[PDB]
K.L.:
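The structure's right below; bear with me while I get my questions together.
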Amino acid sequence: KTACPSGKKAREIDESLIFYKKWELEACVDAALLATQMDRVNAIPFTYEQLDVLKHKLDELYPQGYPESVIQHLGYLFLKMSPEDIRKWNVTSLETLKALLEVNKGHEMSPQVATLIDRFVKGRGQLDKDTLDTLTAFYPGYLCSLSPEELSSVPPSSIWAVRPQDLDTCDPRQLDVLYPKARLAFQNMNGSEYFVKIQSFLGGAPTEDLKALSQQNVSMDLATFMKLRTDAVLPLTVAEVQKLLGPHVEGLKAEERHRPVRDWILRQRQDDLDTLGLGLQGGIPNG
Amino acid sequence: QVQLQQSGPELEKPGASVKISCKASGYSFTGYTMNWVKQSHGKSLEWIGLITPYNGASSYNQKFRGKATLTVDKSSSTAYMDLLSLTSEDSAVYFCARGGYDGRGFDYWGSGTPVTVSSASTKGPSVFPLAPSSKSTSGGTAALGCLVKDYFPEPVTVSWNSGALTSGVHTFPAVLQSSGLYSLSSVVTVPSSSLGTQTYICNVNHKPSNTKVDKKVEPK
Amino acid sequence: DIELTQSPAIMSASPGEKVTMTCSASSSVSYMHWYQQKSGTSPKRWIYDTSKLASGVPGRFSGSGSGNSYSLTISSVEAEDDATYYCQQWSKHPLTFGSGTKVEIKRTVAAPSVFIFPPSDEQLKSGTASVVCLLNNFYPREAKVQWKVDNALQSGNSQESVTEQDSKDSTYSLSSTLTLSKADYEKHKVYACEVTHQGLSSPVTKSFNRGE
Ligand SMILES: *[C@@H]1O[C@H](CO)[C@@H](O[C@@H]2O[C@H](CO)[C@@H](O)[C@H](O)[C@H]2NC(C)=O)[C@H](O)[C@H]1NC(C)=O
C-alpha cells in the first residue's frame, strides 16, 4: 500500500501522527519535513517502532551522515544509532555534545558515546579545557580512564580543568604523564600559588622539583607527602624533608611504617634522623 | 504474565486532587504507550491520554487537559495519573491500559480505580444477617444472605465462604439512601438439607474504612 | 473529534442466531477496534485492526468494515456472549469510543422465586429495621414489587436493585429493601411483599407477622 491514504499526508510533525501505523508513517511523512522539524520529536509520545520508521527516513535523506542540525535534536534516537553512522558525523558545538550525553546519563558509557567523543575530539584537534570539563562532568573518571599513551596527547592548557579528585583514580604512570603538563600549565606562577595548583599532581614529580620546593618554604601537607613517589623521596636529606614538611614534620612518627616514609627512614643514618627531635627510629646505625 | 496492578479506591473532597497508580509487570514498559480511560457508572468509555516512559512524553484528549497529568517512574515500572481540581463529574472508574505494538488497540487493561469526589466523610458498613426461615424455603431450596448497610464511599467487596461458595450467589448493586449512605444485599440459594451442617459465612470488605468482617448466618 | 454511533443500543438474541452490530463514524477511519465488557469488569480486547481476532476470542466472532461503517458479527450467539461491545477508532487524534451495543440473551419465560427476610435482631438493636424481599432467577427483566404493611399500600420507603444476566441461566434477580425506624417498624404487625411478573398468572404474596 505504497500510496498514502487520502487526507492523511502529513503537512507537519505534530502529535496527530502517533495514531499512524508504521506503514502510514513511512508513506505519509516526507523525510525533509522530518529533518527540518526534528526538534519536536522528543516531546511527542512516539513508540519505539514509529521512531524506528523515523530514523529509517532520516537515513534515507542523509546517506553521508547526519548534519549537526539533525544530530542536536536526535534525542532518544541517538540510541538507535550505530557507531559506523556516528563515525561519519561532524559535531562541533559543545551544546550538541551536552545534549547527546544527557540521553544516556547515569548509565555506563555506550559504544555510541565513545565514538561520539572520539569524533568530537578529532574534529576539535585536541582535548580542550571546556571539552574536558564537559566530559568529566558527565563521566567523572574520564581522565583516569585514558591510557598513559592517550593521556600524553592532552594539551597542558586543559590541565586547568583537572580538579584534585579527578586524579584520585590515576595510577603512577598516568600521574607521571600528567605532572609535566601541570608543571607547564602552572609555570609562570609565583610561590604559594604554584603549590596550591600542583599539590594534587606531585604524585608524579621527580626529586629535583621536590628539592626546589623544599628550598622555598612550602609547608607540605603530610598527607600529600604520603602520596609522593617512593623512588623520588629516597634521595632527599633530612634537612630537605624538614624544610618541605615545615611544621607538619610532627606527623612523621605517626606515619613511620608507611609507603614512602619507612623506605626513606631505612636509607638514612640515625645520627641525622635524631636531628629532628621527633624520636624517629630505623636509621643506619652509626659506625 | 502481563499485569497492570492499579491503586485502590479513592475518596477526595471537591477542589482537591488525587494521584492513582498503575504498576506494570511482565514486560519492558519503556517502549509501549500507557493510556488512561474514564468510565462513569452507567456511561461509556472516554480516553484521557497516553504517555511514553522512555522520554515521559504525553498526549492528552483536549477535554482532559488541565485535569489529568501523566507521569512515570521507570525505576518501579509505574505510571501515575494526577487528577486535579476535583469536581463531582470526576467521580468514576479510571483504567490504565497498554497500547498495542503497531497501534493494535489496548491489549492489556488494568482492573479499574474507583474515585469518588464528595464532601461526605468515609463511613464503614454494618453487616447484618438475613437468616433462613420457612418463608425463605420453597421446594427444598432456602435463601440466606447478608445486608451491608450504611457505608460510604463505594466500593464494597462481598464473598461467601472465603470464595469457595459461588453458585447461586447474587450480590445486588448498591443503592444510595436519602442519608447519603449506601446499602447493598448479598444472597445465596442453597439446599434446605444442608442448613444444619453447612456453615455459611459472608466476608465483607470496605477498604476505604479498613473494615473486614466475617459474618456467619444461622437459621432461625 | 470523530463521533462513533453504535447500533443497536440494545440487542436481544436467542442462542443460535446470527447477529450483527454496527459502528458509524462521522469521518473515514483507517482502522477500528472492538472491546467486550461484562458488568463489573475491565474491557477486554476482542477484535483489533478491523478484523483480526484477539488471543482467546471464539471463531464465531468476526469484524469488518471500512470508511464510515464498521461491523461486528456473531455467527452463532451463545449464552456466554451477553455483554456490552465498544468500538474505538484509531485514525484521528483524539481516540474516541462508541456508546456501546449491549447484548442480552433471549430465553424461555421464568417466574420468580420469592422470599422475604424480616429485620435481624442486631439491626433492631441498632435502631433501624430493614425488610428484604428477594425475587430469584426470573425472565423477562420487568417485575413489580409492592410492599404492604397491615394491608396498607406503601410508597417512598422502599428501594430496589436488579442484577445482570446470569452466565448460567440467563436469568435476572431483584431485591427490594423496605427501611423504617424501630418505632415505625414496631407500630405494625403484618409485613408483606406482593410480586407481579409475566410468569405469574396472578400476583404472588410473601408475608410475615412481626414476632411470630
Ligand atoms: C564532515 O566534513 C568532511 C570534511 O569537510 C566532509 O567531507 C568533505 O565533503 C566535501 C563536500 O561536502 C568534499 O568536497 C570533501 O572532499 C570531503 N572531505 C573529506 C575529508 O571527506 C563530510 O561530508 C562532512 N560530514 C557531514 C557533513 O556529515
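So that the names make sense, note that chain A is the first sequence line, chain B the second, and so on, each numbered from 1. The header says X-ray crystallography, 3.0 Å.
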K.L.:
What does UniProt call the chain with the greatest number of heavy-atom pairs under 4.5 Å to chains B and C?
P.N.:
Mesothelin, cleaved form
K.L.:
Out of interest, what does the PDB call the drug at chains B and C?
P.N.:
MORAb-009
K.L.:
Determine which residues of chain A make up the epitope of MORAb-009 (chains B and C), at a heavy-atom distance under 4.5 Å.
P.N.:
A/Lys8, A/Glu15, A/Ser16, A/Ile18, A/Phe19, A/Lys21, A/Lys22, A/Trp23, A/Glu24, A/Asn42, A/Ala43, A/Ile44, A/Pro45, A/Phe46, A/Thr47, A/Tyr48, A/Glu49, A/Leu51, A/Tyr76
K.L.:
At a heavy-atom cut-off of 4.5 Å, what residues make up the paratope of MORAb-009 (chains B and C) against chain A?
P.N.:
B/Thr30, B/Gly31, B/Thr33, B/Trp47, B/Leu50, B/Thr52, B/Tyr54, B/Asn55, B/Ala57, B/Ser58, B/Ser59, B/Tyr101, B/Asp102, B/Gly103, B/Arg104, C/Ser30, C/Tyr31, C/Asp49, C/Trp90, C/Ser91, C/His93, C/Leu95
